[PDB]
Every structure is written in structure tokens, then in C-alpha cells.
**Student:** 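Just dropping this structure here.
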Amino acid sequence: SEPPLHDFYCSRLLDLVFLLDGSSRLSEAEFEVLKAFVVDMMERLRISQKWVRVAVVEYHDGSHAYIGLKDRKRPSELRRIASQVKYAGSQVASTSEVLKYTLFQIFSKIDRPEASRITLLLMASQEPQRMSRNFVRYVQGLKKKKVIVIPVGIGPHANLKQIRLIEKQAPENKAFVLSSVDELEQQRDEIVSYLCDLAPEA
Amino acid sequence: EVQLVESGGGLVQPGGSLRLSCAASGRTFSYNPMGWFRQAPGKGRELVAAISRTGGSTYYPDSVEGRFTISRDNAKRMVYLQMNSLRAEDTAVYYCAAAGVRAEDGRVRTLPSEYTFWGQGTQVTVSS
């Protein structure tokens, strides 16, 4: 066991998925700030197979999974892995494809019905419409598996209408719309309190 | 559950020292904000020391401030109360307690109603 790094320490039943926009709408330095936000959030969670489980995926035209929910590693090592996520700078970061991945790979089987399941979709870009044909189907699929989708729009190129589409599919799908990556550290305490509140204590 | 077990009480002369220990266990223990209460014979329970989840903040009432020190060891899941310059009026049963109301907030807790989990108490007697 590893002791808490902060007074805020979420010890609840939660599967938390971090989906990181891999597009070039974020510079390499801005992506660094996004990764620091993910690490900051992880430091405030009790990461363990019996408490908070985390997954970290960078999405472009396709997914690169760095951490899976079932990965039995020390929190310190998971935070190190997240801090070493490589910059992609891709042209396309498809929200449809990464939500498909979340629905059909991460939550293909619900191992923990007693836990809340939350997807933090950190978006900085807009995928081409030719990739969005099944976007609503995937968001609806996640709703049916009781997966809460929380879009975090970052910067002026975030897909605002997909964010609004996500909010409409289920009332749990609250959105956070930010000016830039610099705002992540300022809203972090609010976001993690909100996510913790969504999870049960027992 | 959360389980708490205290030790370290004793019989001391005025001016003496003790160091109470409280061992926490149970799967739902989350390095909760912890506190020490004391109960003089036939009276109520009073919070005499409190500490945050990390240990970076503490609280004592002015009646024991300067003389009591609360600390914790999260690797060992322990909390401690060092009691210096003991006075006759410190005679009481001392209880270790853990806050279980919105425990994700690890700040120091001063309200007794925030304390959910309790040890069995250890006796401190100060007599000349």
C-alpha cells in the first residue's frame, strides 16, 4: 500500500477512464499540461482494484492504451506511466473511435457492477463528420452500461456540438468547458470532487 | 469497517509524560482525519487533538495547546498523542476516533459529529 499524497483522497468504488486528445490542436507543451492534470487527478484517488481503478488512453485515428482498469501496479508506477504518455500530434483525434474503444474494449465486460463507471473525455479538437456516423450509438451504448461520460472541452477547437450531444444523451453527462489547458489545474479540485461524489462509498 | 485500538495510558505524577498510540485497521480505513477525545469521570467527551489525513494540519483546544502533540504514521496506519507536562485535570479516559463524514475531504475535523469510528479508550491518571 502507498499512503495518500494529499488531504483529498477519494476512497470510493469507481472505474475512471481518462481519454486524452492526441491531436495537434494541442502543442507538445500543452499536451504536457494535460498529462500533468491527469497525474494531479490520480494523486487524489485511492487507486486499487477494490477502490478506484484507472485507465489512460491517448486517442488519435485509433487508440493507444497506456493503463487498463485491471492493471495491478502501484499507484506511483501508474502515475509515472501517465506522465510518460508520448505526444502524438496527429491530424485527427476521433472521439467516435475512442468512445467505441471505451464501449467495446474497456467496458466490454462490467467486472464491477457495484462501482460507478466514469469516462473523462478530454477534447481539444473536432473530428471530421465522416467519422461521426455512429457517435450517438456509442454514447448511447455507454449510457446503457451505466457509464457516465464527462466531456472536458479544452481550447477553441473542442467539438462543442458533440459535447452538447453527450450532455443530451443522459442527465449524468455533465460537461466542463475550459479556455485552454492552463484552466485544468484551476478546475481540478472541482472536477475531482464532482467525480468522487458520483461514486458510492460502499 | 474501521477498527481503532488504543494503548499507552498510564499512571503518572504531575509533570510526567505519556505517548498514546492508536492502531487503525479495516478495509474501509482511508487514512481518515483522526482525533483524540477525553472523558473525565461522569462527564462528556471532549476533542483534545485532531489531525488531517496527511498530518500537515492539527487542532488543539487552548486547554491542552502547547502540552499535547498529535501525529500520525500512514505507513503503519497509526495515530499518536504525546502528552507532556501532565496535570491532575488531564485524568480521563482517552479515545482515538476517525472521521467518516465525507472522508474524502481529509482536512482536520473539529466537530464531534464528524467522528464516526471509535476506539475503546485508554486510561490516563495523573496523581501526586
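Each chain gets a letter, A, B and so on, in the order its sequence line appears, and its residues count up from 1. Going by what the header records, the deposited coordinates were determined by X-ray crystallography, 1.6 Å. Below, all heavy atoms of this structure are taken into account, side chains as well, without hydrogens, waters or symmetry copies.
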**Student:** Would you happen to know which of motavizumab, dostarlimab, tislelizumab, caplacizumab, gosuranemab is at chain B?
**Tutor:**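 Out of the options, caplacizumab.
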**Student:** Just wondering - which macromolecule does caplacizumab (chain B) hug the most here, in the naming of the PDB entry?
**Tutor:**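 The main binding partner here is von Willebrand factor.
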**Student:** By number, which residues of chain A have a heavy atom within 4.5 Å of any heavy atom of caplacizumab (chain B)?
**Tutor:**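 By heavy atoms, the residues are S1(A), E2(A), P3(A), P4(A), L5(A), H6(A), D7(A), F8(A), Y9(A), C10(A), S11(A), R12(A), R46(A), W51(A), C196(A), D197(A).
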**Student:** By chain and number, what are the paratope residues of caplacizumab (chain B) relative to chain A with a heavy-atom cut-off of 4.5 Å?
**Tutor:**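 At that heavy-atom cut-off, the residues are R27(B), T28(B), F29(B), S30(B), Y31(B), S52(B), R53(B), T54(B), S57(B), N74(B), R77(B), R102(B), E104(B), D105(B), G106(B), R107(B).
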**Student:** Find the name attached to chain B in this entry.
**Tutor:**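 In the PDB entry, it's caplacizumab.
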